[PDB]
> 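Structure: Cell division protein kinase 9 in complex with flavopiridol.
The alphabet sets the chain names here, A first, running in the order the sequence lines are given. Chain A is numbered as in the PDB entry, which gives 9-259 for the residues shown. Note that chain B is numbered according to the PDB entry, with residues 7-87, 98-177, 182-268, 274-326 shown in order. Below, each value reflects all heavy atoms present in this structure, side chains not excepted, and no hydrogens, waters or symmetry copies. Start at 1 and go down the list; that is how both ligands and their atoms are numbered.
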Amino acid sequence: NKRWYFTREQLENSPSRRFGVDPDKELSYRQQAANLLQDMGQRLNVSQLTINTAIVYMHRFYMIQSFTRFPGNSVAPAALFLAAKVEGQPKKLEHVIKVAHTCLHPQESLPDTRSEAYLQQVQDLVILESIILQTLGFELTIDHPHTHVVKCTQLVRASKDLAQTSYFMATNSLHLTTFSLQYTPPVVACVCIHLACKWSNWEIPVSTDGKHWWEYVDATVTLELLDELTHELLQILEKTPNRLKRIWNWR
Amino acid sequence: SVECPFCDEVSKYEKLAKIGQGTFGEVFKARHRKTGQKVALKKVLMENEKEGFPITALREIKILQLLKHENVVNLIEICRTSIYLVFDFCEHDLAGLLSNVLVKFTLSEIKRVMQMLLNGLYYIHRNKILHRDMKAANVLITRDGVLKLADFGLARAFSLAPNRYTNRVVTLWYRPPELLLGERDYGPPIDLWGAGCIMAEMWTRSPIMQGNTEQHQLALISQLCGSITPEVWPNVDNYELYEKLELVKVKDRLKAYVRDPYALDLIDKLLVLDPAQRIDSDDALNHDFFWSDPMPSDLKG
Ligand SMILES: CN1CC[C@H](c2c(O)cc(O)c3c(=O)cc(-c4ccccc4Cl)oc23)[C@H](O)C1
């Protein structure tokens, strides 16, 4: 219930840290694994939801296991394979392997599907899915910040544009941060609206009571946090080449 | 060689007896090595599994983790070494009790059994889930006399957008008319049909409609429930299977075994042909059957 939420001190003392990996290198390895998930995900034609679920699996997996023993390039395909089954869009084992291969070795050649080499890398993916399941203690039901985004974008009568920017922030928080390991989905959703608003220069009208739009979403959320979190999210977005461009008003 | 904080090895339990044989796998009674707590261990089947961990087992596990209720069986955890589902142990199943000729049911105990069962259906349906495998063998009872709905292997979530749900569900004998007519757009009412059959079963000791094929079942249903005409089931003819086999009175056949009139009445509102006219969990729990003497009493027989 609080099993998969971690303090900043626990994020510091990660399994990858115990094996040498620096704090900034680790953040990097997660961003890379997310990118790999998004890439395979779009080619396998699964939904952003299936991918987000995969990304959270990956995130939680590396709070127990280390990047030095379990390479993201091995874990991500298996995580995606599992998430697609959990989320209703099963993809075939051979299909996920072909797509993982073309993403990781664009120039290499699809191995003979009859070789003892290929047969083995199929077994390796089935072994990893089992390791992921056991590591997550079979807890595969994931709540995403998106679920709660529609709930509080009607609460600000926001345009279709403000809403689509909020989902973009939501999806990007999963790729770029570790909020999914620190804050409940409802809180992360507020952070996403709050920043989509700052970015779009949409100002929210004070409620009839005097209270603010987010109070009707999570009782724990305070402006002191929303500003600290939207600032952290914004900084990482600025470091990520071409991302802000996608939501940038060119007019 | 790998860390596993949240999936304990099943060796923590000590097997005592293989209590369940069939095509559902292997069910073991076991005992926690430290506390003596009894559990049911149900191994996850891997016959011809070429797509990794079985998607159907994920579904079942997803549903069990969601359903938390006094009358739904309780998944404690999941274990390894191969993979085991671990439940709180339930000593009896309703099929085994219904067959032991030495076991006897007072009417106030029958009332309580049906009450716990109907309360379990009310719960799972509120949580947007269909059981889809109603039958005596899937109703369990604990040593302390609490009834548990079990085996969610065919279970599935539902909702309300024309639904595209699968047809070959429910064992033939407890399968409801809709499914036999080839229905694909259904919901909770299919489980209540099963509850109806199980309820009658509490008096007859034997499943009441023992069909051989889908058409001999439908036949047997007619020789108990009347014919299936648009006069009884509006727009039933809208389905492309009313073709065969056609044919043109439930309280009568059950008079002998079932004496209580309120009991007979409820059985008749559950074994209704039109799903839209079939009684639901809520209204069934409110039926005078549960609110007249003898009142429902705890189980000790
Ligand atoms: C078809 N079927 C019925 C349910 C059964 C099952 C479950 O799904 C879950 C459980 O916790 C139990 C249990 O504790 C005891 C028994 C049991 C009890 C007495 C006789 C025979 C049996 Cl199989 O069965 C259980 C298994 O899925 C196979």
> Which other chains show a non-hydrogen atom at a distance under 4.0 Å from flavopiridol (ligand 1)?
B
> Look up the source organism of chain B in the entry and report it.
Homo sapiens
> UniProt domain of chain B most involved in contacts with flavopiridol (ligand 1)?
Protein kinase
